[PDB]
K.L.:
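This structure shows lopinavir in complex with HIV-1 protease.
Naming convention: chains lettered A, B, ... in sequence-line order (proteins, then strands); numbering from 1 in each chain. Just so you know, ligand 1 is whichever comes first in the structure, and atom 1 is the first atom listed for that ligand. Method on record in the header is X-ray crystallography, 1.3 Å.
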Number of protein chains: 2
Amino acid sequence: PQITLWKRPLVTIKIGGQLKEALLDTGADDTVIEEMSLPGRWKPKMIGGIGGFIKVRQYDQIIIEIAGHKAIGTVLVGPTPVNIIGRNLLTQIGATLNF
Amino acid sequence: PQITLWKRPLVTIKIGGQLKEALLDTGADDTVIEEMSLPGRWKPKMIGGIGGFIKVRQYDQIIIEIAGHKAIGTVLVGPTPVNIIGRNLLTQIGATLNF
Ligand SMILES: Cc1cccc(C)c1OCC(=O)N[C@@H](Cc1ccccc1)[C@@H](O)C[C@H](Cc1ccccc1)NC(=O)[C@H](C(C)C)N1CCCNC1=O
Ligand SMILES: [Cl-]
Ligand SMILES: [Cl-]
Ligand SMILES: [Cl-]
Ligand code: NA
């Protein structure tokens, strides 16, 4: 699709069989989702936002659908105020910024 | 241009007679620049996200050139870790997300 930016670029994602709303974010290096259960082992990570850094759980090779596009990759889980699809998965689904 | 997302989508901007590098951020409602002087009136604002909130100065009707494209809008100035071009000015340069 071509998504303009007059409103937030929110899409539906599916992860763990569940539908969630998330933001397509070219300013995010990684994907971070609100607290949920994911399979496997996780690794520690810090990410930085407008107000400072938070600790998150890094899950690798997680199956996730983004606006109907299937992806498999790293998902961070933690106390983010909004679900964010970052560049690691935007790149995988072929997204570019155009002007 | 068409910007892929393997790396951060950083571009050069001109604001307040100064050149800066800034992040094209579809996940940002607002444009936030590191501390600098701008002409005219301003009012305080709090913006919060990952990591919490920061206090900024809101300047309205500020012209910015973004990767050679002129726009005008509100610019927030404060202790952001990164200069961010948000949706309020991305729409004005006709930026879209495409996949
Ligand atoms: C940078 C990065 C590394 C790894 C993983 C992730 C998710 C990363 O991105 C973290 C991050 O906060 N990125 C921001 C920009 C970023 C990159 C690097 C350092 C700091 C910031 C931005 O793009 C998304 C984030 C989303 C958001 C979160 C909570 C509430 C509302 C929105 N947006 C905002 O904070 C904006 C600010 C920028 C005006 N914002 C806050 C006021 C209300 N609305 C709004 O839009
Ligand atoms: Cl990934
Ligand atoms: Cl504006
Ligand atoms: Cl448009
Ligand atoms: Na003004």
K.L.:
So, about lopinavir - where is that in the structure, copies and all?
P.N.:
ligand 1
K.L.:
Help me out: which other chains have any heavy atom nearer than 4.0 Å to lopinavir (ligand 1)?
P.N.:
A, B
K.L.:
Heavy-atom pairs closer than 4.0 Å: do any link lopinavir (ligand 1) to the side chain of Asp30(A), the backbone, both, or neither?
P.N.:
both
K.L.:
Nearest non-hydrogen atom to atom 32 (C) of lopinavir (ligand 1) belongs to which of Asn88(A), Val82(A), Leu24(B), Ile85(A)?
P.N.:
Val82(A)
K.L.:
What source species is given for chain A in the PDB entry?
P.N.:
Human immunodeficiency virus 1
K.L.:
Find all atoms of lopinavir (ligand 1) within a distance of less than 4.0 Å from any non-hydrogen atom belonging to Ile50(A), and give their numbers and elements.
P.N.:
20 (C), 21 (C), 35 (O)
K.L.:
Which residues count as the binding site of lopinavir (ligand 1) under a heavy-atom cut-off of 4.0 Å?
P.N.:
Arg8(A), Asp25(A), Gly27(A), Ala28(A), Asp29(A), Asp30(A), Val32(A), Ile47(A), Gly48(A), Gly49(A), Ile50(A), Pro81(A), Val82(A), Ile84(A), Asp25(B), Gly27(B), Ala28(B), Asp29(B), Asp30(B), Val32(B), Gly48(B), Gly49(B), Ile50(B), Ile84(B)
